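A look at one PDB structure holding diclofenac.
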Amino acid sequence: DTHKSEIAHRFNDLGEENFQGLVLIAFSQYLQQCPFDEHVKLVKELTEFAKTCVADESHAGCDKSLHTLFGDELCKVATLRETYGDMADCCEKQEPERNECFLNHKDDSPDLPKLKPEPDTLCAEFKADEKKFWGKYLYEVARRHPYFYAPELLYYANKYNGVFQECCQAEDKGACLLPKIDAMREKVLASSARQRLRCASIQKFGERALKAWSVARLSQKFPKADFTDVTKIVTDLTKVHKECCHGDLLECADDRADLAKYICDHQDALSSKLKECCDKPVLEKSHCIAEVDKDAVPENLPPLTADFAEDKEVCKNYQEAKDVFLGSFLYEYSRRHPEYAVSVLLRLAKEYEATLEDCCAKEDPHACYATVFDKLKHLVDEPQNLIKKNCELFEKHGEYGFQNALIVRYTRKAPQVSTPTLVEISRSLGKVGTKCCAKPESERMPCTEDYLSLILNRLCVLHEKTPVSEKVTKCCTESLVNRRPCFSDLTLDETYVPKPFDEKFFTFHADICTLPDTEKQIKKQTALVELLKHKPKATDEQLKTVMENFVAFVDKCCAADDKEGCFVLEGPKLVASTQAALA
Ligand SMILES: O=C(O)Cc1ccccc1Nc1c(Cl)cccc1Cl
Ligand SMILES: O=C(O)Cc1ccccc1Nc1c(Cl)cccc1Cl
Ligand SMILES: O=C(O)Cc1ccccc1Nc1c(Cl)cccc1Cl
Ligand SMILES: O=C(O)Cc1ccccc1Nc1c(Cl)cccc1Cl
Ligand SMILES: O=C(O)Cc1ccccc1Nc1c(Cl)cccc1Cl
Ligand SMILES: O=C(O)Cc1ccccc1Nc1c(Cl)cccc1Cl
Ligand code: NA
Ligand code: NA
Ligand code: NA
Ligand code: NA
Ligand code: NA
């Protein structure tokens, strides 16, 4: 029955608290530069209207689309044009174009103040008003991460409240809190980047691209499931993801809850690992299901060669329904190989497709396709060889030195990219060494390829907004499945014209001496990028000499009596020695 008030329905389904949270998240993601207490006022107006429609669904306006109602609140914001410029032009449109226009203005790098955890203040805020404290967390994250997957953010906010519940009772609040914040922050940044990649997949490559990624991932998690159980779940899951990517946050959350319930009702057909998820309350249940471990591969699965290489009829089977035959290939390959990266499984399925396209046209197709697994294996061997070599490099240098080796590599590949992005991306890539290299053998390929696909996606999302390198545009737009190898294959960009030495990056005031370590690292890594932008062909030894003099010089002026005097008067010596080392 379609005679439904949508707002009433979502309020009925989700409950007041989650409804309010999701509405607050929607406003914070679309209007990232509005204060908390202004969005709270809008949430409260829409909650009062929802409750009116719950009481009486025939009440005037209860029949508007939820998204239409929300858009209307946006366009009634007095400071819309003033703060968001021509985002206010979006107000002239009809749905769904109005919404697509709003989504166009979400800012991926709003460069908002860095949140410093002050444990004494936060514990006071928390004790003062817990709900406010909860909403302030949803607002601060959502406005920094405007594609953050909204129901997961509700889950993280409950865990964030739990952290303060335990830690505020301690004597040293700081010692309890800070390691937990740190843990949270890494999990929330990864989560943001994961959902950002799902949104950019849908938008730039079609919803079929995301479906293929999810078929591969779900078949590895739930290897006893039938192909059509996987395609049903992937279909519902992709609709949830797309709804969240399109800002339909109440519908995304409501659908997600229905999917969690479906998976728990069918847990016998899917995975034994689901049992611990399925008695949890709804947000925790869903989270637990998304993070579930790969079930054990069943015994007795026939070898892949039986259907895909050995069988006489591969071409006939393929030609009858090419898409279904390849989806089934992907599913069969993925359930069998939890130790492969999902992107490697997609690359395997693409190459299997190209082989059949080629072989099935020949006189004797079977002699040509019988050996396809030998043609495929280089797609497993190449990433395995890269992972071994990059994890060695990581163990040789440590995380910071590995970040610096990545700075050199990426600035050579993409020297037109702005310095702060080269630094951010190289720092994130270096942390993949920390996150993955010490893992069990069967987890290293999924771990490193997954993180690379998140971080290269972040580069692609930034570069889409201000494209400066043709080679980045090619790697970012050509094919999602080959994005990571496309970047690995970039060498020194030969079209790049060097800039003059940008000496501000090698000149400091005394306040450098008391920067926290992360910030000192960033100052040094920024200089390193700038070296390469001035001298793209500089040798690793030249770079090392320079950077060694650099740290020697900062060390010396930091230990001076008159620090600023040293930096200012001795500074040009560093700048001349740097130009000599590079000559
Ligand atoms: O209103 C309350 O009881 C707690 C409170 C205090 C300050 C600001 C907001 C809120 N609640 C609140 C929150 Cl935290 C999020 C969305 C909507 C509302 Cl009404
Ligand atoms: O730190 C970020 O950039 C976002 C983030 C994610 C998870 C947990 C905490 C934070 N930031 C954060 C901090 Cl560092 C302090 C107080 C309140 C918040 Cl939301
Ligand atoms: O760490 C940063 O500030 C860069 C950044 C911005 C937005 C979202 C994620 C990230 N970093 C990041 C990424 Cl892109 C992937 C996995 C894990 C992390 Cl911490
Ligand atoms: O068939 C595809 O294009 C990929 C795919 C993957 C998982 C689940 C379903 C599908 N196909 C599919 C699609 Cl793309 C749209 C609507 C319904 C279905 Cl069954
Ligand atoms: O980065 C590359 O080109 C090689 C490669 C391929 C697949 C997966 C990871 C990696 N490299 C990689 C690894 Cl294996 C660990 C930490 C950081 C990086 Cl950049
Ligand atoms: O290794 C050092 O002590 C010199 C130094 C200081 C700051 C930043 C980088 C470097 N060295 C460095 C360089 Cl210049 C390039 C690739 C890898 C490394 Cl570890
Ligand atoms: Na099946
Ligand atoms: Na729906
Ligand atoms: Na391929
Ligand atoms: Na390479
Ligand atoms: Na300077």
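Just so it is clear, chain A uses the PDB entry numbers, and the residues here are 1-583, in order. Ligands are counted one by one from 1 in listed order, and the atoms in each one are counted from 1 as well. Values reported hereafter were calculated over all heavy atoms of this structure, with side chains retained and with hydrogens, waters and symmetry mates removed.
Taking every instance into account, the structure holds diclofenac at ligands 1, 2, 3, 4, 5 and 6. Here the macromolecule with the greatest number of atom pairs within 4.5 Å of diclofenac (ligand 5) is listed in UniProt as Albumin.
Taking every heavy atom under 4.0 Å from diclofenac (ligand 5), one finds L386, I387, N390, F402, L406, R409, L429, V432, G433, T448, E449, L452, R484, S488. If you number the atoms of diclofenac (ligand 5) from 1 as listed, the ones under 4.0 Å from a heavy atom of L429 come out as 16 (C), 17 (C). Summary of contacts: the protein heavy atom closest to atom 11 (N) of diclofenac (ligand 5) is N390 CG, 3.6 Å.
Among protein heavy atoms, the minimum distance from atom 7 (C) of diclofenac (ligand 5) is reached at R484 NE, 3.4 Å. The protein heavy-atom contact nearest to atom 10 (C) of diclofenac (ligand 5) is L452 CD2, 3.6 Å. The shortest N or O to N or O distance between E449 and diclofenac (ligand 5) is not below 3.5 Å.
The PDB records the biological source of chain A as Ovis aries. Lab note: contacts of chain A with diclofenac (ligand 5) map mostly to UniProt domain Albumin 3. Nearest protein neighbour of atom 15 (C) of diclofenac (ligand 5), counting heavy atoms only, is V432 CG1, 3.9 Å. Every atom of diclofenac (ligand 5) is numbered from 1 in the order shown, and the set under 4.0 Å from a heavy atom of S488 is 2 (C), 3 (O). Proximity by heavy atom, under 4.0 Å to diclofenac (ligand 5), holds for none of the UniProt Cu cation-binding residues in chain A. For atom 19 (Cl) of diclofenac (ligand 5), the closest non-hydrogen atom on the protein side is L406 CD2, 3.9 Å. When hydrogens are left out, the protein atom nearest atom 8 (C) of diclofenac (ligand 5) is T448 OG1, 3.6 Å; that is the closest non-hydrogen contact. Regarding atom 14 (Cl) of diclofenac (ligand 5), its nearest protein heavy-atom neighbour is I387 CA, 3.5 Å.
Short contacts between diclofenac (ligand 5) and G433, defined as distances under 4.0 Å to a heavy atom of the residue, involve ligand atoms 16 (C). Less than 4.0 angstrom separates some heavy atom of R409 from each of these atoms of diclofenac (ligand 5): 1 (O), 2 (C).
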